[PDB]
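Quick look at a structure containing cetuximab.
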Amino acid sequence: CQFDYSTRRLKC
Amino acid sequence: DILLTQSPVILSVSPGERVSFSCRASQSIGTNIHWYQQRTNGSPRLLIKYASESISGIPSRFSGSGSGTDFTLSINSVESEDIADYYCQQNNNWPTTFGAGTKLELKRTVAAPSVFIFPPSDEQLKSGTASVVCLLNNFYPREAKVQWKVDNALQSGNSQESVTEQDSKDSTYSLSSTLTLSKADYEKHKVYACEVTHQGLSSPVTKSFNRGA
Amino acid sequence: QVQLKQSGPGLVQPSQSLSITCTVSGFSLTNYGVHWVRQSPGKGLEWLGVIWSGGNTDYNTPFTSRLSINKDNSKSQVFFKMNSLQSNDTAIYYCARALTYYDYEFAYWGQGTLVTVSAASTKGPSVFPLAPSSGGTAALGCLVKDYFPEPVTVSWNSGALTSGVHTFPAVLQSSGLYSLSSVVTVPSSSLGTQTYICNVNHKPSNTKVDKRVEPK
Ligand SMILES: *[C@@H]1O[C@H](CO)[C@@H](O)[C@H](O)[C@H]1NC(C)=O
């Protein structure tokens, strides 16, 4: 997974 | 630097189940591990310090254990508010480093979406662009299809979707699909429709409007 | 009440420098070190450095050359500066405080500062109503369109309306500008009684817009 700085959540 | 490997990458559980996060260090680090929770749009939140020691204000269902290279964060009964990412951190060895994280997803019963369609506002049409919005509200699971049709012509490539993270209360998702046209094209057509397909619907559901009314 | 409040999000040009201020309260900078952590797509959570109680600094090895941390004890402010930013330096930057004055157990965090490294220009958003047109429940919202960079905050009725609110993640359009929608479901019988306003704040452009949403 990769961190998404728009939601501050891991986006996989 | 110490490499921290968190497994699994994604954890999917049901409410009430026990759940365990794993953090494996590239070499022995004693008990010098800290755990963090990150909710949607939040900053990291300290859950456990030094493998197992408690943190003020953290619910008692959170606990930790392990020593050496293998560490475990546990939730004895996960709640819908536990939906988040979880990170470990080692500080036995400068510099302090963080694992890549484990995402916690929550299963629940199938919930069909509620569908709404929004024509472009008269204010936006002054700018020469038309945004048509189709809303799929409070559904589960995440998979869903939105098919746009303008005067029965299938639209393709001129829409974009955005999906919320799992709601902390009911564990559902919500989805927005935005169809973007030029004002000239929008004024050339009448029937605007989004068709929603989802497991919770026995048939596809279509919300539509006629430009004007 | 220990708290850390950071300066607002902003855009930084490639090869330019980043500046962030962390104003602390509930404790004195003379008794606690303040750490700096960032969170990027490329490398996740990453510890950058720290300024200790007495003023000494430590910088993580890959930032020894372009990092600089200072503070003003009397004004309770910690100043973070990083030089020569590139695209992959785009991340959320936090200040943090440990549980004890010497440790790394980050119990208190700033709210974060989304730093975007891009050559583009700052642009405020336009806000368009999603006017309500099932089962007594009406849906309405706001279209927050054509802004850069992230983020934008949306509340409803100045924070008094939170139930049923969904603010969708921003999506990047082909123009290089972001767009998002924020919706809320309400009883349809309250549309003629209650006023519904979405409060849009794009701090990078200092754009603050309240949009009343009515049935058309
Ligand atoms: C940014 O790119 C440089 C150049 O390869 C790399 O050394 C650094 O780790 C990168 N930082 C990230 C991906 O956060």
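Chain lettering follows the listing: the opening sequence line is A, and each later line takes the next letter. Residues displayed in chain A correspond, in order, to the PDB entry positions 1-12. All chain B residue numbers match the PDB entry; in order, they span 1-213. We number chain C the same way the PDB entry does; the residues here are 1-133, 138-220, in that order. Structure method, as recorded: X-ray crystallography, 2.5 Å.
Copies included, the model assigns cetuximab to chains B and C. The residues lying within 4.5 Å of cetuximab (chains B and C), counted on heavy atoms, are A:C1, A:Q2, A:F3, A:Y5, A:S6, A:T7, A:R8, A:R9, A:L10, A:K11, A:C12. By its own naming, the entry calls chain B Cetuximab Fab light chain.
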